[PDB]
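Structure follows of oseltamivir carboxylate associated with Neuraminidase.
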Protein chains: 4
Amino acid sequence: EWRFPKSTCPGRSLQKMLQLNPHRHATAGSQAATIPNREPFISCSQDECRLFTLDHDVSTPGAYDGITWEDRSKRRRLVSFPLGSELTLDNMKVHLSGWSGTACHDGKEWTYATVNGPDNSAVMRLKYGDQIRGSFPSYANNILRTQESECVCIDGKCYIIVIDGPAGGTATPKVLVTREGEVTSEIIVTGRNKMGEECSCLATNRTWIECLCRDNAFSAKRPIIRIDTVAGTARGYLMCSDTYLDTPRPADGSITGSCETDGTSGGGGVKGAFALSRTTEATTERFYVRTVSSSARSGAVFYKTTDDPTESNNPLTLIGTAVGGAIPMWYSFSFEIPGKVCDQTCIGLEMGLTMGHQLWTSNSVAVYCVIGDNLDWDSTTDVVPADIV
Amino acid sequence: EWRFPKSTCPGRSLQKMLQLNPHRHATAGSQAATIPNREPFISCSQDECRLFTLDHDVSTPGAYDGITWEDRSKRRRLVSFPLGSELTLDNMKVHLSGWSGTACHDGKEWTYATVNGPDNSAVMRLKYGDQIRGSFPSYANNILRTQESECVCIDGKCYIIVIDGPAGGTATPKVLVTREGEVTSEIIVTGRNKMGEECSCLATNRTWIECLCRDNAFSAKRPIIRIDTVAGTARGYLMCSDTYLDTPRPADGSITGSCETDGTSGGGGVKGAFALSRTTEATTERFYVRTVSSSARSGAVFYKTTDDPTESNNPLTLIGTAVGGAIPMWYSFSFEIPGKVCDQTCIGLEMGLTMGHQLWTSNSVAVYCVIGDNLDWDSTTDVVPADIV
Amino acid sequence: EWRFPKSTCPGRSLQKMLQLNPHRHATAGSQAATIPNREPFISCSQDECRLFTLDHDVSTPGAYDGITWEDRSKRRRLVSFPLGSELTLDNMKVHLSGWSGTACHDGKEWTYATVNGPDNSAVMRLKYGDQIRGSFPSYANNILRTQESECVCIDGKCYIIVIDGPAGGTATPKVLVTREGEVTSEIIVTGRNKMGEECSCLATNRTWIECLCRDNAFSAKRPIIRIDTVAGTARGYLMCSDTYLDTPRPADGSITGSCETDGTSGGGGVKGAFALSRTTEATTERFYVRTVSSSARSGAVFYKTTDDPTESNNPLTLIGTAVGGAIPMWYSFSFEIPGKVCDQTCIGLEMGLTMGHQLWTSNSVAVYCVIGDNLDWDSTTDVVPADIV
Amino acid sequence: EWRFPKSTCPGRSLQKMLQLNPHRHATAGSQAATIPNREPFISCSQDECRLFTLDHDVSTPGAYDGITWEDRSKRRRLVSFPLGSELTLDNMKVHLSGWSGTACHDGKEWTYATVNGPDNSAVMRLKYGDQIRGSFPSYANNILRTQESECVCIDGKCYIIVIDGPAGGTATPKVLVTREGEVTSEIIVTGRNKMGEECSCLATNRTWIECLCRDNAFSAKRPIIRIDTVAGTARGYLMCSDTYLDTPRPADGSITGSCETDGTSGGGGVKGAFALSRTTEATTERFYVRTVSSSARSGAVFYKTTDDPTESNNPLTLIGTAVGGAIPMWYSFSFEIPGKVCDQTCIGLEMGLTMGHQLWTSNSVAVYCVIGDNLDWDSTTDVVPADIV
Ligand SMILES: CCC(CC)O[C@@H]1C=C(C(=O)O)C[C@H](N)[C@H]1NC(C)=O
Ligand SMILES: CCC(CC)O[C@@H]1C=C(C(=O)O)C[C@H](N)[C@H]1NC(C)=O
Ligand SMILES: CCC(CC)O[C@@H]1C=C(C(=O)O)C[C@H](N)[C@H]1NC(C)=O
Ligand SMILES: CCC(CC)O[C@@H]1C=C(C(=O)O)C[C@H](N)[C@H]1NC(C)=O
Ligand SMILES: *[C@@H]1O[C@H](CO)[C@@H](O)[C@H](O)[C@H]1NC(C)=O
Ligand SMILES: *[C@@H]1O[C@H](CO)[C@@H](O)[C@H](O)[C@H]1NC(C)=O
Ligand SMILES: *[C@@H]1O[C@H](CO)[C@@H](O)[C@H](O)[C@H]1NC(C)=O
Ligand SMILES: *[C@@H]1O[C@H](CO)[C@@H](O)[C@H](O)[C@H]1NC(C)=O
Ligand SMILES: [Ca+2]
Ligand SMILES: [Ca+2]
Ligand SMILES: [Ca+2]
Ligand SMILES: [Ca+2]
């Protein structure tokens with residue numbers, strides 16, 4: 001029946017699965033209608049995986065594709081592609097209009113959710129199968145917004161992180177609990193709860209969820225939100241490791257104070273991601289990514305730890321460079337592939353492609369999953385935005 | 001087994017689902033074969049929803065796409081796309097040749113119906129699955145024609161509204177009752193029955209249907225046809241609300257007389273639509289659309305009422321503007337999404353795109369469904385027909 | 001289990017289903033890779049219908065599409081499209097290389113068959129599902145060739161007409177009996193058996209098949225082959241009606257002599273087709289097509305009769321003009337749509353498109369099926385080959 | 001449940017199934033995004049066959065397609081197409097990044113495997129369904145690499161040949177045994193085991209596998225590896241026939257010595273293939289291919305034998321020329337089509353297309369299967385690389 005977390009498939013590192021690179025096909029002479037997009041992620045049912053992303057109602061090449069830098073507009077939609085299909089117009093499936101997205105399969109049907117509307121009164125609508133079953137209005141009237149990666153479903157209920165409020169100040173996230181797309185309750189995030197953008201969430205065992213988020217205002221440490229789905233409680237933490245995962249960030253270990261001390265810098269940030277190994281009882285290893293550069297969104301480096309990330313300031317253990325530091329690397333996202341015998345968690349990388357400020361913007365997506373003992377290879381795009389017609 | 005009406009999913013307003021906008025991809029440099037079309041609608045089975053429309057045997061860009069303003073020709077066909085697939089040549093599925101269309105799923109198979117033939121002796125053919133099972137010839141020999149939106153199936157029988165006769169005078173609609181596509185009986189529409197074009201029909205409870213139509217000759221009030229599927233009877237009414245829903249129309253409340261008084265103006269019109277909330281026993285709320293302009297097909301405004309629309313002259317209650325008044329808005333259509341637990345009704349909007357009189361003509365389709373408490377956002381196309389190559 | 005003939009759905013005429021016209025999309029500015037083809041036909045399983053045709057390993061527009069006039073080459077393949085999908089490169093499915101084709105579904109799997117090889121030693125291969133299960137070599141070493149329309153399967157065995165020998169002289173057809181694609185026996189055609197090209201075959205009741213063929217050497221009357229699948233016998237006849245169905249042909253009734261008298265002319269011909277109404281016991285009405293012109297492949301006119309076509313010289317009864325005489329019309333083909341309650345037979349029309357002798361050549365396909373009481377409308381292409389780029 | 005080898009369908013020769021030729025559609029004026037590729041092969045489940053190949057993250061025509069000569073890069077991926085779909089961007093499905101590939105279906109799910117990484121530390125990852133279940137690191141740190149044709153699954157375990165080491169010297173192959181994509185054991189290849197590139201493997205009966213490989217360093221005779229899946233043993237042999245199957249090669253029979261004598265030449269080679277007839281007990285006939293030219297990769301000639309190829313020096317028996325000697329012919333690959341009643345083995349031919357050294361490179365694929373009594377026809381491409389835009 002319902003999807004629930006299983007022990008994960010054996011693995012001790014991150015190794016490459018595949019890469020999608022639609023705009024390799026958008027050069028002079030090419031014959032493809034490619035889909036420029038941002039905020040991609042992957043979510044899976046037991047039958048298939050899908051690449052979800054937020055489009056701009058346009059293909060590249062084409063006259064209208066100059067709007068693809070925009071965050072929010074009446075053009076953007078949550079769309080998806082079977083995982084492994086390239087991102088072309090005929091392969092695209094439109095789910096919901098809107099400009100911030102999430103999706104997750106509960107074992108029976110897809111829940112899709114986007115936020116639509118003006119900045120001061122946006123509305124999240126949740127589609128379950130083909131019907132809009134849920135609606136959740138803005139509570140702080142300042143850009144209601146959600147994860148830009150998959151939500152998590154356990155035992156017929158799905159858990160979605162939303163936030164509303166100033167991106168440069170205190171903004172309190174909430175956990176929405178859904179059943180067939182209907183919002184049946186809201187869980188208050190206690191503890192360290194003054195920020196939490198764009199959370200990447202994974203089950204840590206049979207009944208708990210852990211989310212790795214972005215503090216866009218206060219800290220280069222990433223917020224962590226843990227959800228107890230049985231008690232229906234959630235608590236916020238600050239990631240304690242000296243290996244700070246956000247971008248921009250100061251030098252490792254240089255934030256003086258306790259785990260939950262913000263640090264002097266902290267403005268700005270980027271969506272981050274993790275993967276894990278777990279039994280039905282507990283998570284046994286975590287895998288993290290951050291940029292190569294401490295100031296710019298470039299490169300991707302993988303790390304791992306067996307420590308509890310909310311309590312230990314120990315540096316993370318280096319796995320290696322997944323994307324060279326000369327290569328733009330923007331968002332990363334967590335996702336899980338469910339299996340009949342074991343589950344597998346993965347990290348996806350938004351390798352950004354752009355012609356510059358307020359010009360054409362899209363990406364290539366590279367996927368790494370928990371398997372093996374060492375990193376196998378780094379990824380490139382070999383797309384020069386100047387060559388895109 | 002058979003499809004039948006269930007109580008609807010909770011909702012008190014109309015909120016956006018998605019939008020399809022194929023000709024965003026028909027600009028200079030684009031690589032897409034887009035399908036120009038008119039009279040679109042949506043119909044759903046328990047397995048999927050589909051966007052149906054009447055094409056012109058041509059894609060845009062292309063040399064032959066200048067015929068897309070035409071109402072009737074030997075080129076047009078009823079075609080469809082999985083809902084959410086963009087309207088491109090490879091995504092298209094052709095069902096029947098013809099120039100007026102309807103379709104509906106009875107729980108087992110699709111019934112598709114079009115009218116084909118010359119104006120003075122056209123024939124409706126009804127396809128059930130892959131076979132043509134039904135045929136219904138013109139009875140007034142003056143452009144036999146049908147709904148341009150989905151028909152309604154209850155307990156294995158489907159109900160289709162057809163009309164035949166002068167578009168500028170008295171033309172009597174008929175209800176066709178079909179079983180596996182075969183026309184097994186005709187129901188005479190009694191009462192106010194001298195007009196009734198392009199009806200949008202929804203079940204109002206377990207056994208009754210209500211259709212909101214266009215009086216192209218006599219009144220700015222919309223005809224309403226109610227069908228009792230158990231008794232096998234149908235009766236025509238005139239919508240009584242001071243908030244007249246057709247275009248063109250006089251000022252609200254200015255038609256002097258009883259509910260069924262036509263009014264002085266009334267020539268012309270546009271296909272209209274409604275949505276509803278219902279139990280198994282009764283409809284509890286209705287949602288309506290009309291243009292912003294009282295004279296031109298521009299804009300879309302949503303309204304609601306808990307009154308019986310055939311008896312109450314009360315103004316409808318404003319929900320808000322779904323399409324700004326500067327934006328062409330032509331047909332709207334009702335449709336229903338069936339669910340395992342509850343059904344959901346929706347309104348689709350044909351946002352018209354054209355280069356002018358007897359020039360290239362098509363649309364973008366925006367979908368709003370019954371959910372939530374307030375309208376979330378208005379829709380735009382951001383397509384300039386001059387940019388279409 | 002196995003497919004078998006049922007009584008047909010009620011109908012007394014031929015009315016249009018749909019039309020496919022891929023090269024409407026092959027004009028200046030268009031964005032489609034259309035598939036030029038010849039010898040199209042349709043065959044259906046209980047799950048779907050498919051348009052089969054013989055391609056040339058090329059799309060239009062394109063530099064290599066000038067070979068599309070050729071009958072036989074190492075380029076041609078039997079390919080197919082879901083019925084209603086337009087004939088584009090991405091929608092195409094390749095089944096077998098070869099230059100003469102047939103296919104038919106037995107209730108469990110598709111049998112596909114083509115002839116491949118040089119003119120003097122060609123080989124029919126039969127594919128059952130995904131495997132090549134059958135092989136049948138040339139027996140007269142002079143262009144082994146088959147129906148260019150669907151074969152017929154009854155009770156797990158399929159029946160395929162092949163011929164081999166001079167196209168301008170005596171060439172004896174054979175009936176191949178297949179089981180899971182393996183040729184398990186050959187049935188000798190007795191009686192009037194000196195010709196029989198490109199047969200269109202339909203079941204006439206639960207256990208018999210009737211094929212309407214082309215005599216390319218001797219007569220403007222069409223050969224008819226009847227197969228008794230229980231006895232495993234087949235006999236050839238000459239169609240006796242004064243309404244001669246081949247092209248070219250003399251004036252109606254002008255062939256002096258008995259039913260099987262050839263007549264003075266008879267050289268050349270075109271593939272023809274019929275449809276029918278039947279019970280489980282007997283065929284009750286037949287529907288026929290021929291060109292408008294008695295000398296050129298132009299136009300299509302439908303006729304009907306309740307007489308036995310092998311014995312009665314009565315003229316056929318006019319139904320009407322399906323394709324105007326100014327419009328090229330080449331092959332026609334019979335096919336059957338199986339249903340859960342009743343079966344339906346249809347005629348497809350190859351509306352030919354060409355730039356001239358040994359230049360680009362393809363078609364549009366129009367489908368008419370047995371339903372209703374009168375012909376609804378004629379078909380056009382509105383494709384000017386000069387406009388194809 | 002699990003896939004296992006059945007007796008093969010009756011057949012005594014090789015006859016053509018079909019051909020895929022995507023770059024016929026990559027000429028001036030064409031509208032297709034074709035996928036240039038190398039190292040193609042086919043593998044089948046009981047539900048469908050698929051054409052697998054290694055792409056270059058690019059379509060033709062397009063600015064980036066000049067890298068398609070490369071063996072190994074961060075661009076290449078194992079991709080596939082339903083067998084019979086042409087090789088276009090929208091039809092493509094990406095499975096794994098990497099630059100050497102294999103795949104095989106065990107009756108329940110696909111196992112896909114590629115090697116990814118730098119030459120000195122590459123890693124094979126094995127994907128089972130949607131999850132990466134297996135990982136196998138380089139053991140000789142010199143281009144770990146695999147078959148470039150399908151692996152073989154028997155009774156829930158799959159068998160994959162890998163090799164690692166110098167391509168111009170001794171390199172020891174290993175048999176990987178997988179279960180749901182996890183590498184559960186390695187089988188040591190005993191006997192003549194100093195080489196064995198790019199093996200084409202088929203079951204020879206219910207429990208044994210035979211692989212025909214390429215010795216790139218020592219001999220124009222092809223290595224043969226036999227696997228006993230019950231004992232879990234594998235042994236290497238040298239093909240003994242005077243009809244040497246590799247390219248380049250000396251004159252037939254001119255290698256003096258025993259079966260396992262290398263011969264004086266032997267440097268270089270090409271992937272080869274075979275097909276067979278078998279019962280559940282034993283293989284009864286084998287079918288082989290080699291080039292027409294003894295020095296260049298051109299043409300394809302089929303042969304057959306009933307001798308044991310590891311012990312008999314008898315010349316093989318000529319079947320005939322499948323690809324003329326003037327036509328480039330590069331890799332060939334074995335594959336099997338499973339059936340409900342019988343299995344069928346086939347040979348695929350990579351008919352190479354290239355603009356020259358370190359320029360655009362791809363292919364057409366022709367398929368021949370075991371059926372009939374004589375070769376039916378040879379294959380051509382009719383693609384001139386100079387015409388590709
Ligand atoms: C609105 C604040 C939010 C901070 C997490 O901005 C995000 C930053 C983005 C970024 O830093 O690249 C892109 C996101 N599209 C944007 N989200 C929305 C809903 O606009
Ligand atoms: C024929 C009268 C009918 C009035 C409802 O005209 C409709 C008006 C149209 C319109 O007002 O835009 C477009 C419809 N395509 C047309 N229907 C047909 C069958 O031609
Ligand atoms: C070979 C004789 C046969 C007469 C029925 O020619 C057919 C005539 C054709 C025609 O008259 O248009 C086209 C067919 N493609 C051709 N068949 C083959 C196999 O070449
Ligand atoms: C690396 C040695 C191997 C010899 C079998 O080279 C192969 C030769 C090739 C060839 O001879 O055409 C092409 C293969 N793409 C290549 N394989 C890899 C993994 O690069
Ligand atoms: C999951 O982990 C949480 C946190 O440690 C723990 O409280 C809970 O009991 C665990 N659940 C199970 C089923 O072991
Ligand atoms: C549906 O509504 C009609 C009209 O009010 C009513 O007559 C009928 O009884 C209702 N049906 C059911 C099943 O309640
Ligand atoms: C079908 O028709 C043939 C020819 O008239 C006849 O001999 C046969 O008995 C019929 N079959 C059945 C099942 O009635
Ligand atoms: C398959 O062949 C091998 C080699 O000859 C033989 O040892 C084995 O017994 C055979 N298997 C079966 C099931 O006959
Ligand atoms: Ca930060
Ligand atoms: Ca009116
Ligand atoms: Ca003739
Ligand atoms: Ca060699």
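By convention in this document, chain letters (A, B, ...) are assigned in the order of the sequence lines, proteins followed by strands, and residues within each chain are numbered from 1. We count ligands from 1, going down the list as the structure has it; atoms in each ligand are counted the same way. Values below: every heavy atom of this structure, side chains too, minus hydrogens, waters and symmetry copies.
The ligands or chains attributed to oseltamivir carboxylate are ligands 1, 2, 3 and 4. Chains touching oseltamivir carboxylate (ligand 4) with a heavy atom below 4.0 Å, listed by letter, come to D.
Binding site of oseltamivir carboxylate (ligand 4), heavy atoms within 4.0 Å: D/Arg38, D/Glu39, D/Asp71, D/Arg72, D/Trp99, D/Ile143, D/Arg145, D/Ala167, D/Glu197, D/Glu198, D/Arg214, D/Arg297, D/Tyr331. Per the deposited entry, no covalent link of oseltamivir carboxylate (ligand 4) reaches a chain. In terms of polar-atom proximity, defined here as any N/O pair under 3.5 Å, D/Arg145 makes no such contact with oseltamivir carboxylate (ligand 4). Atom 16 (C) of oseltamivir carboxylate (ligand 4) has its closest protein heavy atom at D/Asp71 OD1, 3.7 Å. No N or O atom of D/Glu198 sits closer than 3.5 Å to an N or O atom of oseltamivir carboxylate (ligand 4).
Note: no N/O pair closer than 3.5 Å links D/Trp99 and oseltamivir carboxylate (ligand 4) by distance alone. Among the atoms of D/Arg214, some N or O lies under 3.5 angstrom from an N or O of oseltamivir carboxylate (ligand 4). In this structure, atom 15 (N) of oseltamivir carboxylate (ligand 4) lies nearest to the protein heavy atom D/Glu39 OE2, 2.7 Å. Counting protein heavy atoms under 4.0 angstrom from atom 6 (O) of oseltamivir carboxylate (ligand 4) gives zero. For oseltamivir carboxylate (ligand 4), the atoms lying closer than 4.0 Å to a non-hydrogen atom of D/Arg38 are 12 (O), 13 (C). Protein heavy atom in closest approach to atom 20 (O) of oseltamivir carboxylate (ligand 4): D/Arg72 NH1, 2.8 Å. For oseltamivir carboxylate (ligand 4), the polar-atom distance check finds an N/O of D/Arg297 within less than 3.5 Å of one of the ligand's N/O atoms. Atom 10 (C) of oseltamivir carboxylate (ligand 4) has as its closest protein heavy atom D/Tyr331 OH, 3.1 Å. Atoms of oseltamivir carboxylate (ligand 4) lying under 4.0 Å from any heavy atom of D/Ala167, numbered from 1 in the order shown and given with element: 2 (C).
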Give every pair made of an N or O atom of oseltamivir carboxylate (ligand 4) and a protein N or O atom lying under 3.5 Å apart, one pair per line with both atom names and the distance to 0.1 Å, or write 'none'.
residue	atom	partner	partner atom	Å
oseltamivir carboxylate (ligand 4)	11 (O)	D/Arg214	NH1	3.3
oseltamivir carboxylate (ligand 4)	11 (O)	D/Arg214	NH2	3.0
oseltamivir carboxylate (ligand 4)	11 (O)	D/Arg297	NH2	2.8
oseltamivir carboxylate (ligand 4)	12 (O)	D/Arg38	NH1	3.0
oseltamivir carboxylate (ligand 4)	12 (O)	D/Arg297	NH1	2.9
oseltamivir carboxylate (ligand 4)	15 (N)	D/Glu39	OE2	2.7
oseltamivir carboxylate (ligand 4)	15 (N)	D/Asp71	OD1	3.1
oseltamivir carboxylate (ligand 4)	20 (O)	D/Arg72	NH1	2.8

